[PDB]
Amino acid sequence: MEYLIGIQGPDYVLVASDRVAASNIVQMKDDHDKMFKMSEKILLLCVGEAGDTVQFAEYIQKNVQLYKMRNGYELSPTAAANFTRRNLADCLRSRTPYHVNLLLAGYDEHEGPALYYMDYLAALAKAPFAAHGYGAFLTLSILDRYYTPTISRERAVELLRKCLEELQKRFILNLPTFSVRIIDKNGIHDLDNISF
Amino acid sequence: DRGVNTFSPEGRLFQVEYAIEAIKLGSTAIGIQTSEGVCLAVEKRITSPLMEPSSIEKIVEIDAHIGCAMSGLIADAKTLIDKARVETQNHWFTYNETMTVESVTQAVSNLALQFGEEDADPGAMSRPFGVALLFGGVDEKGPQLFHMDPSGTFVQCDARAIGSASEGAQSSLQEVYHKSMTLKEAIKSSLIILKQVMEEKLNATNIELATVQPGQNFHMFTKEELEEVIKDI
Amino acid sequence: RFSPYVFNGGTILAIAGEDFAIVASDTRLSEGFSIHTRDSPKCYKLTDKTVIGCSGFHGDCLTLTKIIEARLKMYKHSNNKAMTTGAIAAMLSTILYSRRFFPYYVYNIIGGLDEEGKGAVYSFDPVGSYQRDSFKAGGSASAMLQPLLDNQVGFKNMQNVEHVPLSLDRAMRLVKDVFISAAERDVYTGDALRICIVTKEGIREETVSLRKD
Amino acid sequence: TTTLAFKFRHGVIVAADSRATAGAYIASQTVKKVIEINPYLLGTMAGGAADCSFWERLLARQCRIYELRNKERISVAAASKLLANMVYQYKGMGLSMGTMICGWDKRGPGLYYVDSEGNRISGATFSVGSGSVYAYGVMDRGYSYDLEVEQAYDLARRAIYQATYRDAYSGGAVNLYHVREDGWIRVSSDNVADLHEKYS
Amino acid sequence: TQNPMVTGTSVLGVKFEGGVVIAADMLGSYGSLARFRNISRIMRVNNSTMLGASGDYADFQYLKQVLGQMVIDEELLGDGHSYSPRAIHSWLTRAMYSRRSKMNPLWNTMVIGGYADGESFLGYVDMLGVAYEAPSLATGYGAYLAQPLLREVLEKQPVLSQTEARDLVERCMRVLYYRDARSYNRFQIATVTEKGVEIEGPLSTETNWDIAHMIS
Amino acid sequence: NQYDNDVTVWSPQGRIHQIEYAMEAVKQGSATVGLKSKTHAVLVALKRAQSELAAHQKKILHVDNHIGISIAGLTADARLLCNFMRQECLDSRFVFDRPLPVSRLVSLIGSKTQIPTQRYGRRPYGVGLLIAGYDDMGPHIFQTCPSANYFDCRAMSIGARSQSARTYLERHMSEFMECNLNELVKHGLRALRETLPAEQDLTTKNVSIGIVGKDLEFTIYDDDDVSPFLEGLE
Amino acid sequence: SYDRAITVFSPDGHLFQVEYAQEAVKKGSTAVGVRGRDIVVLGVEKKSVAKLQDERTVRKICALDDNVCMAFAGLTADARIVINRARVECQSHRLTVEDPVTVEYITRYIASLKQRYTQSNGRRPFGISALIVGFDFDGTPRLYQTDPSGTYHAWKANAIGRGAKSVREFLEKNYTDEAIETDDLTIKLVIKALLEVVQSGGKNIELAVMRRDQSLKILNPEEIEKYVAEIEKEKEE
Amino acid sequence: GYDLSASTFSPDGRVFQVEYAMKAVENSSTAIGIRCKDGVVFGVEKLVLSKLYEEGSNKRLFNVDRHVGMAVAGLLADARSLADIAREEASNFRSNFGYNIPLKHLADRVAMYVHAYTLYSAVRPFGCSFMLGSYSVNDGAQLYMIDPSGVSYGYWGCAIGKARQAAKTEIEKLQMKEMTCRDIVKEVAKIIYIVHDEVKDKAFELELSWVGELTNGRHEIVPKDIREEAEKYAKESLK
Amino acid sequence: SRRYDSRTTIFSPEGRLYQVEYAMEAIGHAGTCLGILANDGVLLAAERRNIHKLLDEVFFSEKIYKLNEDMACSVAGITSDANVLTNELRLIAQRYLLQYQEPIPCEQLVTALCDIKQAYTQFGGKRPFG
Ligand SMILES: *[B]([O])([O])[C]([C][C]([C])[C])[N]C(=O)[C][N]C(=O)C1=[C]C(Cl)=[C][C]=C1Cl
Ligand SMILES: [Cl-]
Ligand SMILES: [Cl-]
Ligand SMILES: [Cl-]
Ligand SMILES: [Cl-]
Ligand SMILES: [Cl-]
Ligand SMILES: [Cl-]
Ligand SMILES: [Cl-]
Ligand SMILES: [Cl-]
Ligand SMILES: [Cl-]
Ligand SMILES: [Cl-]
Ligand SMILES: [Cl-]
Ligand SMILES: [Cl-]
Ligand SMILES: [Cl-]
Ligand SMILES: [Cl-]
Ligand SMILES: [Cl-]
Ligand SMILES: [K+]
Ligand SMILES: [Mg+2]
Ligand SMILES: [Mg+2]
């Protein structure tokens, strides 16, 4: 069961996600990626029900890309988060609700870094850090304990590592590897996977 | 001005008669049916050396056993070809067998008079298709060539030309055709005739040729295979 | 809670031979603990080369055979030939699946001749899964018949026996025996056995008496 | 059912059992669970027999249309996505399908798991069906990208076999296929009773 | 109908040489209440065909309306074709199946009797579209109490005269009055022959109560 | 002129020029003939060939086991109407488990084909049919027209030079009822032969034959299968 | 809804609405396309000049997706509708096939949109032709042209709009393996081709390039008049 | 011009498309109805355009309900479509109200349907006139006639088609109020023979139907022997 | 009905759309309306046609419309048509704000309305907006 985490520093956002795709009692994939690139400076991280997660994430992705092609510049993180929200809320009482939980991470030339949290009901909250999954229950207090708004990117990767080590120790599920990426003024960077 | 479904005093639909005239603006295409297979040959009609000849496709595969040659307003042919393709795949889906050439031709021909402006969907067909088609293939009846025009009339032919020089080409076909003719003779015959009727000097880039045979699937001739056949002619 | 289904019983069987196919069924039509009629066979002629057996909910048996009959004519009209055994089977698969969310409560077995004149059997589940078999039992007593056929036609679990071709006269003698055995133990199977033999010469019919209790 | 597939240096191995069941009644021992979508693409079937065979046949139709319209072989990614998008509309309606889409295209050997819950994932090895857990154990202890061809055939065969032994719902025969760069080949069909004789 | 309201009980039918006879009591019951004690549950469809209905009486009246109007529509054409008993039976099979398949059945079980071209026709159709033909029929409790007597007679003698079929129907109606708590001793008998369809009634059966004094 | 483009426009003489024009489509079709005896209904058609290397257009179509048609006029309209007839026949077998009576089918065609003659932007059907059938009332030959009117016939011919064929059929019709099948088909073939230029003859390439009756489902004879009927026009 | 049949046949097989739409294309500004070896270049005329214009707002060269772009000639409002439809479609393709479109796919899509508006009630045809360029997954460069009828072909080089006849004549004599051996010469071939028809040369040529993978670069006036001088002084010699 | 559409009045307030449709009726051969003491009798001059047609082909007398007959003149395919409208209106009346449609109400309903085709460019007026006849003990004998404008009136006697006036002048000679249907059929046959122009049109069939006390209120074809006697009376009366 | 249809959405023989051109003639007769961009702002200045002595002066302008928080327009042509378009402009701008929670960029608003105007020249058989 799926884990997402985001940490926003002064000029970057760091994100990570587990790499497991599971089914019944087996891990069926150990290099799964739960991140979707929306634009040069926007990642959507999406978990939840099978089928709804990809269908929803890719629809949003394609529409964000379309906006870029029509207009010549990109949606800001905030505008993308609100677009994501409107779609999810608008479907909530429809014949096709999407059962998805999301983080949206982004860097805007003028607003700086942003991290947004959304649940399946489509409540949207901006946050300095956030997490989804059962794993969030064991890691949010580690983030409250050690996060500061000026946290450097090296220390954010350390803080991330403390959370991921806590899942190894204390969580009942076998989540042995995580995708890590950072977003800043120069776009989206892949970091090394954190593995156990 | 009158509606698109108006009859003339001779009992023809004006729009169909005018669609039939548009076929005469097309390049010449030829089909010949033999006991060893059918061949389809068509003049490309290159208008500039800057054009890529391989982007002119006037012969297309419908299914492995069925090809189609077209003449007239080529853009109109796209929905007809697509419909032939979808129908053969539906028939395979439902019945787990190949659709006969006659049956494909029939299914397409049921589109022909489906135009008009006050029975139908919010923007349905406003006019007939300006296209004639030769369907050539092999089914359990053996090799077969069928012709269809914008009236929706379709019929089997032993050999048939369509397009601009079709009279002319059809006379030469009467002259050379026989029921026991081989496929290789039909190929040569159809290129000799294209060569007569074409304004440009025939060569291996300004024509296309395809065959279907009881042995073998729809086959578009490559440049090199065209060049080989062109030597004798 | 009106139920749209009821179970009406019936046992079907088909056997492919080298140059024949047998389709057989009992003729009892039941409901609850009652018999509706002793003379309701479960086999229906489709073409000169193809017979279908249908059991289960009789309301759906009737409807589905009428739909098949209409679709055979429609095919013949648009393609100018009779449907083959194989094409009938592929078609039936799609007709069954069209009701995937309110199924035809029918077990189908097609018996006939293929395009080389060999015996062909196709067996179906109610929503349209199918395959070609060498023989197959269906319906109420299928679990009683199928093992005997596995053993005696398929030669399964036997050592030291020559795998000879199945003659018509042995297949017939098998078909009568398994139904007689089924009528001993399945309450739904009884009254009479109807056998259709499909060969190049056409389709012929035998009927054998079964127990009436 | 037990089905499995794995990518390796020489393509993709695909294997299945052949049993169908209606509750605990064995309805067939001779089901073909590997569907030939085209000469370069296989699908496997596990779950509802009608559901798998309908939707995979429909996938075959659509792949063929695609090929006629675009004048090129469909990619394994695109085939698997067509299937995923077709079944997604039906989630919640009780479809039961677990499929592997197995080919070789311009990205090389290709393997995707697709099911009626809406999953679609690429990967190196998968097993699907009620016997999958048994197959995983054996497949996982023997698998390597650098398996020789015959070692790979041996592994697939043995994994399905072991699943047929533990799982009441898997049996019959082991049917084995190999997707190579110039097309798939059917490699063998071995009855489980004959494989038992051999493995002891 | 989801919930039947006023209902009728068994309908009987038996073929005889030169025709068919059907029987049905004249009762519409409302639960256990014998509410409407003089209603006909038999319809003359046309000259060759008659219909008896069990189950919901309003649904029967709707079928009567629809089928009656169909026969009128056909007679307007005056073209030498009429619906046979078999055709009517087919139509009814389809109508009932179709209503079942919309999860909104017509809550009836019917017996179609007819005579056409020298053949007796007797057919059953139920609310689910289950339909078949047989030399005798009995819906409801008739299936348990009447049909055994019918079939036992028919085995010993498959071809009955008109007066034998009629005596046999009277015996079955008596048994039903004894043993079906929703029956009533007031019934109609309808007969179809070469000459057409006749409906007789109201009829009653004699009953014997001697067993009331054989308890001690 | 102002009255001849729209099927909704009555002329001042109480005519509809679009209906009349649609009837011209039938007069220019190749001839066909229909006739009947006490027990069989026969259709005979001439097939026109576009070139010496073309097959010859289909003129006779299967509707149901007891019904076939012959066509003259726009082929696409013939197929549309034939498909409607097929479907009405399938419906009657599905619902009533018996063949649709031929005259009821023909009433259906009349009602169907009338509708577009009264609505703006629609057009008549540009096809005439001869309909051969057998039912409880015996054999039938009916004729349908683009006007939506239809006719119950002892015999009939429509298409080009069909007047000759009608004259022949009037001349011999008192014989038709008592003819055996062979006689009846020959009479159909001779009527059809009257429609031809003096040079030309009936051949196995240009003649098509349809037969239905008491003992015989609707059957089409083409190509080599017509040779028996053509021999002994003696 | 309005269902009038707008595009109909006339005697002798003409579709007058389509021919009239082709007249609108001919009054549009000249557009030119050349397919290089590892580059593709579009250039377009004018259209009106005018010092008070914001130049950014009237480009006739448009990205459809990262790997495909287009120029058009004809009715600019009509073009905008086609361009936005093609952009939506590129995103459907990426959705359902997870590859970018080929240039041929999107060309085929545009062409069949155009064909449909010649055969559907209530609509007139689009008054545009388009030159569509880019690269396929395997690196092959591509130039396609569509016209109002819905016909489309691939070209080594081509022009549409006013003066297309003479610009095509020039390309026919000047398009050789030499003239496209490099990027600069390919770009120069387009400018020379325009400079034949371009009123007050030039000044008002807009130009854009697409390199294998590297995505659409529009050249700025400073970068253009560099090539203009570099070609004009070579033609003295 | 002012005569192309039923949605266009002329400057004198006429609807020429309706008047042209009426001309179609006036070109057709003649049909008559007569109401009498105990029912209504219809007769039609049915012109035989070819000897190849069967006796009975192209009927102009229809049953629209078991108690209602219809007699037509004009474009026959339009008349048949109107017969089907009338049939459906009768059928739907019985289904909704539970009894046989009264004649006058049936006439007024189909008249309004006819009238609806005289307002619009989207459709053309029916090219037919028709009579409706019935009888019941409660309502007596009733004969209505409806024309292409949709006007509907009741009549003692009525004629439509091309010898309309010649027919009416003969019908006026009868005291139809005091005559029975059996006497009237002969007079109907007689009048059709009077107004038939044997020079201009060579061959016709007489078609006869009736509804009255003698048919128990059912609309029926006149039996063959009565029709033959009536023709013979008419023919010898022509003398 | 084909006789009465004036065919507002078809090409003329030179590839022109006459209704569009005729509409542009109506505009050329309306009040003069100019726009001027500066470094610190933008302006609209328009001729008033509503100048009769007895007019009552009840709105804040005659031809200047606020579209949203950051935009305004002026118009030349048929006034009632302008009321329809400006109302549609306000709707588009609020649909965008709803969806993205930021104001519509200027050129995207203009483009969105222009696609409506374009559609009126291509299908529907209606007169364009003047
Ligand atoms: B396997 O998943 O165990 C197998 C795969 C298919 C392709 C054969 N599935 C089954 O056997 C599941 N059974 C059925 O779908 C079924 C249902 C019914 Cl109602 C009747 C017979 C059968 Cl086989
Ligand atoms: Cl031609
Ligand atoms: Cl197997
Ligand atoms: Cl596709
Ligand atoms: Cl994946
Ligand atoms: Cl009562
Ligand atoms: Cl009754
Ligand atoms: Cl014809
Ligand atoms: Cl035609
Ligand atoms: Cl007529
Ligand atoms: Cl004629
Ligand atoms: Cl579209
Ligand atoms: Cl151009
Ligand atoms: Cl009159
Ligand atoms: Cl605002
Ligand atoms: Cl705003
Ligand atoms: K038993
Ligand atoms: Mg859902
Ligand atoms: Mg018992």
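Below, chains carry the letters A, B, ... as their sequence lines are ordered, and counting in each starts from 1. When a ligand or atom number is given, it counts from 1 through the structure's own listing order. Only a slice of the deposited entry appears, and the contacts counted are all within that slice.
- Bound to ligand 1 with the most contacts here is the chain that UniProt lists as Proteasome subunit beta type-5.
- The molecule at ligand 1 is the drug named ixazomib (bound form).
- Other chains making heavy-atom contacts shorter than 4.0 Å with ixazomib (bound form, ligand 1): C, D.
- Taking any N or O of D:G47, backbone or side chain, at least one lies under 3.5 Å from an N or O belonging to ixazomib (bound form, ligand 1).
- When hydrogens are left out, the protein atom nearest atom 19 (Cl) of ixazomib (bound form, ligand 1) is C:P126 CD, 4.2 Å; that is the closest non-hydrogen contact.
- Annotation for ixazomib (bound form, ligand 1): atoms under 4.0 Å from non-hydrogen atoms of D:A20 are 8 (C), 11 (O), 23 (Cl).
- As modeled, a covalent bond connects ixazomib (bound form, ligand 1) with D:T1 OG1.
- As listed in the entry, the molecule name for chain C is Proteasome subunit beta type-1.
- When only non-hydrogen protein atoms are considered, atom 13 (N) of ixazomib (bound form, ligand 1) lies nearest to D:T21 O, 2.8 Å.
- The UniProt active-site residue of chain D nearest to ixazomib (bound form, ligand 1) (heavy atoms, to 1 Å) is D:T1, 1 Å.
- Listed by number with element, the atoms of ixazomib (bound form, ligand 1) under 4.0 Å from a non-hydrogen atom of D:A49 are 6 (C), 7 (C), 8 (C), 15 (O).
- Within a heavy-atom distance under 4.0 Å, ixazomib (bound form, ligand 1) reaches the following UniProt bortezomib-binding residues of chain D: D:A49.
- Of all the atoms in ixazomib (bound form, ligand 1), the ones that sit under 4.0 Å from a non-hydrogen atom of D:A46 are 2 (O).
- Scanning the protein for heavy atoms near atom 17 (C) of ixazomib (bound form, ligand 1), the closest one is C:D125 OD2, 3.8 Å.
- Using a 4.0 Å cut-off between heavy atoms, D:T1 contacts ixazomib (bound form, ligand 1) through both its backbone and its side chain.
- Heavy-atom contacts of ixazomib (bound form, ligand 1) within 4.0 Å involve C:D125, D:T1, D:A20, D:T21, D:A22, D:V31, D:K33, D:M45, D:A46, D:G47, D:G48, D:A49, D:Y169.
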List of N/O pairs, ixazomib (bound form, ligand 1) versus protein, all under 3.5 Å?
unit_1	atom_1	unit_2	atom_2	d
ixazomib (bound form, ligand 1)	2 (O)	D:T1	OG1	2.5
ixazomib (bound form, ligand 1)	2 (O)	D:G47	N	2.9
ixazomib (bound form, ligand 1)	2 (O)	D:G47	O	3.3
ixazomib (bound form, ligand 1)	3 (O)	D:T1	N	2.6
ixazomib (bound form, ligand 1)	3 (O)	D:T1	OG1	2.3
ixazomib (bound form, ligand 1)	9 (N)	D:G47	O	2.8
ixazomib (bound form, ligand 1)	11 (O)	D:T21	N	2.9
ixazomib (bound form, ligand 1)	13 (N)	D:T21	O	2.8
ixazomib (bound form, ligand 1)	15 (O)	D:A49	N	3.0

